[PDB]
Amino acid sequence: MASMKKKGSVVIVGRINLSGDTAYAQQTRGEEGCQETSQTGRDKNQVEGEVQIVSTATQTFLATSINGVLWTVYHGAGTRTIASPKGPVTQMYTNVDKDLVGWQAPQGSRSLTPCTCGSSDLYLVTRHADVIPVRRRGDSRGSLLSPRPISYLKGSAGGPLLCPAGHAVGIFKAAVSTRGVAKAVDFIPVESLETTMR
Ligand SMILES: CC(C)(C)OC(=O)N[C@H]1CCCCC/C=C\[C@@H]2C[C@@]2(C(=O)NS(=O)(=O)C2CC2)NC(=O)[C@@H]2C[C@@H](OC(=O)n3cc4cccc(F)c4c3)CN2C1=O
Ligand SMILES: [Zn+2]
């Protein structure tokens, strides 16, 4: 018992910058700082933007602010706290059945607005700042207009699908692939986030 370890916090290590005319990834913390911050849960870096790049000791993925909550996938974060300026912050939402977790959005972050357009022309934002057109095919699936190897999508769970007007439509959860080629993506619809918030 005396030697049982604690898991680290999720740490924000960068962002996908969507503020201008060009989407691009920025790193804000390197590996040594990430490891230290995961242990203390104390991250004094300034946070900006809607889409964060996040890491644990073993994985890296995305997290997206919508309605004042920073959302990501359970299969990346588990039940972990997130690092913040005053120490670890406990999840305010956890739903393994939806593959969804959320923490209060970091000070400095900006939130996407939930889409009410009812549009099926979507855009997936990856951890490499690719903006991939996706045609909505149901409540929680969309097809890639141009299929890609799953290598391209790995590490982007937790990122957003957006409508033409830049509203949040969903959170990327899983790739639908055959022979290593992603033809479609599954996502957690924003309506499901809004229900979880109640
Ligand atoms: C569901 C279906 C149709 C059978 O498909 C698939 O299972 N396909 C696979 C294809 C894997 C190849 C890589 C694909 C590339 C990118 C994938 C987006 C991604 C990712 O980037 N993760 S990550 O590297 O950032 C990672 C660090 C965070 N997610 C995954 O890998 C997830 C994770 C795992 O699924 C889950 O644990 N759960 C738990 C769930 C609970 C409820 C509901 C769910 F659906 C759940 C899905 C399998 N996954 C797939 O996608
Ligand atoms: Zn919209």
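In order, the residues displayed for chain A correspond to 983-1180 in the PDB entry numbering, which applies throughout. Note that ligands are numbered from 1 as they come in the structure, with each ligand's atoms numbered from 1 the same way. For this deposited structure, the header notes the method as X-ray crystallography, 1.2 Å.
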Quick one: what's the drug at ligand 1 called? danoprevir
Tell me which macromolecule has the most close contacts with danoprevir, using the naming in the PDB entry. Genome polyprotein
Define the binding site of danoprevir at 4.0 Å using heavy atoms, by chain and number. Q1041, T1042, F1043, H1057, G1058, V1078, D1079, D1081, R1123, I1132, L1135, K1136, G1137, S1138, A1139, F1154, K1155, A1156, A1157, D1168
Give a yes or no on whether atom 11 (C) of danoprevir lies under 4.0 Å from any heavy atom of the protein. no
Could you tell me whether atom 48 (C) of danoprevir has at least one protein heavy atom nearer than 4.0 Å? no
When you measure from atom 7 (O) of danoprevir to every protein heavy atom, which one gives the shortest distance, and what is it? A1156 CB, 4.3 Å
Considering only the protein, which heavy-atom contact is closest to atom 27 (C) of danoprevir, and what is its distance? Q1041 OE1, 3.4 Å
I need the atoms of danoprevir closer than 4.0 Å to a non-hydrogen atom of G1058, numbered in the order shown. 28 (C)
Which heavy atom of the protein is the closest neighbour of atom 14 (C) of danoprevir, given with residue, atom name and distance? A1157 CB, 3.6 Å
Give me the nearest non-hydrogen protein atom to atom 38 (N) of danoprevir as residue plus atom name, then the distance to 0.1 Å. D1081 OD2, 3.8 Å
Might you check, step by step, whether the distance between atom 41 (C) of danoprevir and some protein heavy atom is under 4.0 Å? yes
Enumerate the neighbouring ligands and ions of danoprevir below 4.0 Å. none
With a cut-off of 4.0 Å, which atoms of danoprevir are near a heavy atom of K1136? 15 (C), 16 (C), 21 (O), 24 (O)
What atoms of danoprevir come within less than 4.0 Å of a heavy atom belonging to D1168? 3 (C)
May I ask you to check if danoprevir and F1154 share an N or O to N or O distance below 3.5 Å? no
Using a strict 4.0 Å cut-off to heavy atoms of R1123, name the atoms of danoprevir that fall inside it. 3 (C)
Check each atom of danoprevir against the heavy atoms of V1078 and keep those under 4.0 Å away; list them by number with element. 41 (C), 42 (C)
Among protein heavy atoms, which sits nearest to atom 20 (C) of danoprevir, and what does the distance come to when rounded to 0.1 Å? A1139 CB, 3.5 Å
What is the closest protein heavy atom to atom 24 (O) of danoprevir, and at what distance does it sit? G1137 N, 3.1 Å
Are any of the N/O atoms on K1155, whether in the backbone or the side chain, positioned under 3.5 angstrom from an N/O atom of danoprevir? yes
Hey, which atoms in danoprevir end up nearer than 4.0 Å to a heavy atom of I1132? 12 (C), 15 (C)
Could any protein non-hydrogen atom be found less than 4.0 Å from atom 4 (C) of danoprevir? no
Heteroatom distance test (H1057, danoprevir): nitrogen or oxygen, under 3.5 angstrom: yes
